[PDB]
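Shown here: PF-00835231 (bound form) bound to 3C-like proteinase nsp5.
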Amino acid sequence: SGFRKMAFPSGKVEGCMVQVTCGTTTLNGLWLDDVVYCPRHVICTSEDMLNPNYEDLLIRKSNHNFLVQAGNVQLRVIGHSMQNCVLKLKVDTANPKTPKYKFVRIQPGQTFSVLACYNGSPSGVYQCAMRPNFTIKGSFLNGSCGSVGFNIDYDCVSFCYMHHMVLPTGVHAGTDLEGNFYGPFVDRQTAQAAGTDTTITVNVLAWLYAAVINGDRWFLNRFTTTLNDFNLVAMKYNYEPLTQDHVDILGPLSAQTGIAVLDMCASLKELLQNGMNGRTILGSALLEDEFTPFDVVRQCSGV
Amino acid sequence: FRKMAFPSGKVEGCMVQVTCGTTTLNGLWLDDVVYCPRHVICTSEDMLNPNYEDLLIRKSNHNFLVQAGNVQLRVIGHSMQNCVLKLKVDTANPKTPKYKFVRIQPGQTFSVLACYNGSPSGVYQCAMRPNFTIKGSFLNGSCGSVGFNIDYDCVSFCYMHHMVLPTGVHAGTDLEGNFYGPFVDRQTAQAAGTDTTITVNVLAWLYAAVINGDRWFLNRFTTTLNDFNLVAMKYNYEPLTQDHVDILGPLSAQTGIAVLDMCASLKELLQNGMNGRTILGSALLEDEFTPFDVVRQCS
Ligand SMILES: *[C@@](O)(CO)[C@H](C[C@@H]1CCNC1=O)NC(=O)[C@H](CC(C)C)NC(=O)c1cc2c(OC)cccc2[nH]1
Ligand SMILES: *[C@@](O)(CO)[C@H](C[C@@H]1CCNC1=O)NC(=O)[C@H](CC(C)C)NC(=O)c1cc2c(OC)cccc2[nH]1
């Protein structure tokens with residue numbers, strides 16, 4: 001019963017957050033085994049960040065230039081390398097609370113939990129989606145760099161995001177844990193625009209099914225649509241196309257509710273053309289697109 | 001603005017499962033006591049119309065299975081406190097945080113750590129409604145999940161889950177076992193009173209809008225607290241208390257907008273509507289962010 005934007009429990013990640021400081025620059029790092037991972041622009045001064053030659057700036061640093069604090073303990077750095085936009089500090093102590101983990105690069109439209117941290121201290125946890133334009137609508141303040149995004153399956157933490165940048169529009173950009181940005185962004189102190197921000201259609205459909213499972217059907221209709229005719233209307237409204245894989249992925253929700261996927265497409269088509277007429281769905285006045293089909297299935301299966 | 005939960009790790013380290021017969025739910029292990037909903041002692045048929053004092057008389061310490069994961073914690077004492085059971089166990093939890101038990105007011109927010117079989121599953125922010133329900137997300141097996149706030153290093157537990165209502169909202173107790181609202185722990189359909197909008201939180205939201213430069217709704221008027229409360233009630237808004245006025249103090253100081261001037265602005269929004277305008281990008285006035293949440297997300 002109910003449907004809420006839900007994050008994974010954050011404790012396995014909290015036990016890995018540390019504080020990294022180089023010069024007057026401080027941000028968060030992720031301590032796994034005997035390595036601390038953090039945004040490489042920590043090595044930068046304020047003047048460097050405008051056009052940093054990172055390889056040039058890094059070679060001029062020594063292991064002792066990096067102060068890593070874990071709680072009240074300082075960890076001694078005994079090596080350091082760079083992998084794209086991520087710095088890897090070898091420390092002489094393995095983190096005893098390292099969980100089972102993997103690094104993965106998430107696909108646009110997928111969700112993950114963010115543990116927002118400041119000065120190496122966890123501050124809040126929330127769910128995000130990787131948008132089609134590879135930005136995320138995060139909540140991050142000064143000092144949040146190095147905060148990470150993750151999913152958990154059984155006991156294994158899959159890290160997928162590390163935070164680097166806020167755009168002029170107030171959305172956020174970052175990298176995977178191999179240091180590659182999501183999107184066309186660069187770790188330099190410049191104002192950057194993203195590509196056009198399309199709506200994650202398969203997710204909107206999942207959330208409509210969640211609304212039905214929770215007792216709201218006001219937006220359904222007796223009509224159907226073909227997949228192509230739906231996509232024509234969806235693209236007109238800057239929605240992503242729905243693929244046959246999306247249709248299949250929605251199967252379990254369609255089975256649970258008895259609403260054919262293309263019948264829900266016809267409902268969404270009507271909502272796009274007519275608007276919501278001051279009504280709300282699951283408490284929202286907008287069509288929500290940051291819950292995946294699996295997000296809905298795991299909260300609403302059996303209800 | 002977004003709902004943000006507290007990091008959940010300090011609470012995760014306290015979740016256990018408690019079973020009596022085939023009835024299983026979650027409990028909270030702090031020091032050498034495990035707290036859980038007292039209906040764990042019920043068979044399914046017992047929960048239709050339970051006499052808990054009589055049911056408990058028939059239970060002894062050795063009838064309670066407490067597990068941290070798969071590891072059993074031997075129960076060495078038990079007692080009932082309102083609608084919660086307290087099981088003394090022979091092991092003090094080494095992960096016990098600094099904590100307190102608090103009873104919150106409508107409008108206050110908290111994080112819920114939803115758990116199943118003693119295993120944390122998800123975390124999300126909830127607000128206590130004026131009708132003493134929360135809009136949670138809870139499946140079978142979720143009872144005994146807790147809600148909490150974290151202040152510095154101290155976990156303040158405020159909620160333990162017991163009930164879903166026919167409308168699909170949730171009800172529960174504080175950690176002394178006293179329900180929020182008129183609800184009882186019985187297998188029966190129970191109705192919550194009509195709900196109202198949480199005025200103090202809408203005001204916090206309007207302050208948040210002003211902080212971010214969105215201030216078209218500020219008007220030239222003020223009001224008294226009494227006159228405002230009487231108007232607000234005709235729009236299904238809660239009356240403000242003195243505590244509400246006080247907790248708006250910091251946002252009022254930050255923006256320079258007196259609390260009663262902002263109340264007069266809200267009154268105009270209620271009486272005249274939004275005129276197809278938005279506030280913080282929304283035609284809806286948000287009532288699930290407290291003044292603390294607004295400060296916590298702006299700094
Ligand atoms: C990190 O904490 C820095 O360590 C920080 C996080 C942002 C602070 C405010 N909210 C955030 O998410 N990131 C930055 O400060 C980055 C630093 C880069 C990677 C060197 N820069 C930006 O976020 C950035 C710079 C500019 C800009 O310039 C000029 C103009 C407009 C936006 C903008 N963002
Ligand atoms: C706990 O897991 C029980 O241990 C369970 C939580 C609900 C299950 C599905 N989602 C939940 O939030 N709580 C219950 O099952 C309670 C048990 C009481 C305390 C003895 N029962 C209800 O919440 C319940 C019973 C009825 C009902 O009956 C008749 C009719 C309508 C609603 C309703 N809710």
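Quick note on labels: first sequence line is chain A, next is B, and so on, each numbered from 1. Atoms within each ligand, like the ligands themselves, are counted from 1 in listed order.
- Here, the model contains PF-00835231 (bound form) as ligands 1 and 2.
- Those other chains that come under 4.0 Å from PF-00835231 (bound form, ligand 2), heavy atoms only, are A, B.
- Counting heavy atoms under 4.0 Å, the binding site of PF-00835231 (bound form, ligand 2) comprises A/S1, B/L25, B/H39, B/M47, B/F138, B/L139, B/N140, B/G141, B/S142, B/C143, B/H161, B/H162, B/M163, B/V164, B/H170, B/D185, B/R186, B/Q187, B/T188, B/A189.
- PF-00835231 (bound form, ligand 2) is contacted mostly by residues of chain B from UniProt domain Peptidase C30.
- Here's the thing with B/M163: none of its N/O atoms is less than 3.5 angstrom from an N/O atom of PF-00835231 (bound form, ligand 2).
- If you number the atoms of PF-00835231 (bound form, ligand 2) from 1 as listed, the ones under 4.0 Å from a heavy atom of B/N140 come out as 8 (C), 9 (C).
- As deposited, the covalent attachment of PF-00835231 (bound form, ligand 2) is at B/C143 SG.
- The shortest N or O to N or O distance between B/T24 and PF-00835231 (bound form, ligand 2) is not below 3.5 Å.
- The PDB entry identifies the source organism of chain B as Severe acute respiratory syndrome coronavirus 2.
- For the pair B/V164 and PF-00835231 (bound form, ligand 2), the shortest N or O to N or O distance falls below 3.5 Å.
- Close approach of PF-00835231 (bound form, ligand 2) to A/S1 is summarised as follows: ligand atoms under 4.0 Å from at least one heavy atom of the residue are 10 (N).
- Nearest to PF-00835231 (bound form, ligand 2) among UniProt active-site residues of chain B (least heavy-atom distance, to 1 Å) is B/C143, 2 Å.
- Annotation: B/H161 places an N or O atom under 3.5 Å from an N or O atom of PF-00835231 (bound form, ligand 2); distance criterion only.
- Atoms of PF-00835231 (bound form, ligand 2) found under 4.0 Å from any heavy atom of B/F138, numbered from 1 in the order shown, are 10 (N), 12 (O).
- PF-00835231 (bound form, ligand 2) places these atoms under 4.0 Å from at least one heavy atom of B/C143: 1 (C), 2 (O), 3 (C), 4 (O), 5 (C), 6 (C), 13 (N).
- If you number the atoms of PF-00835231 (bound form, ligand 2) from 1 as listed, the ones under 4.0 Å from a heavy atom of B/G141 come out as 2 (O).
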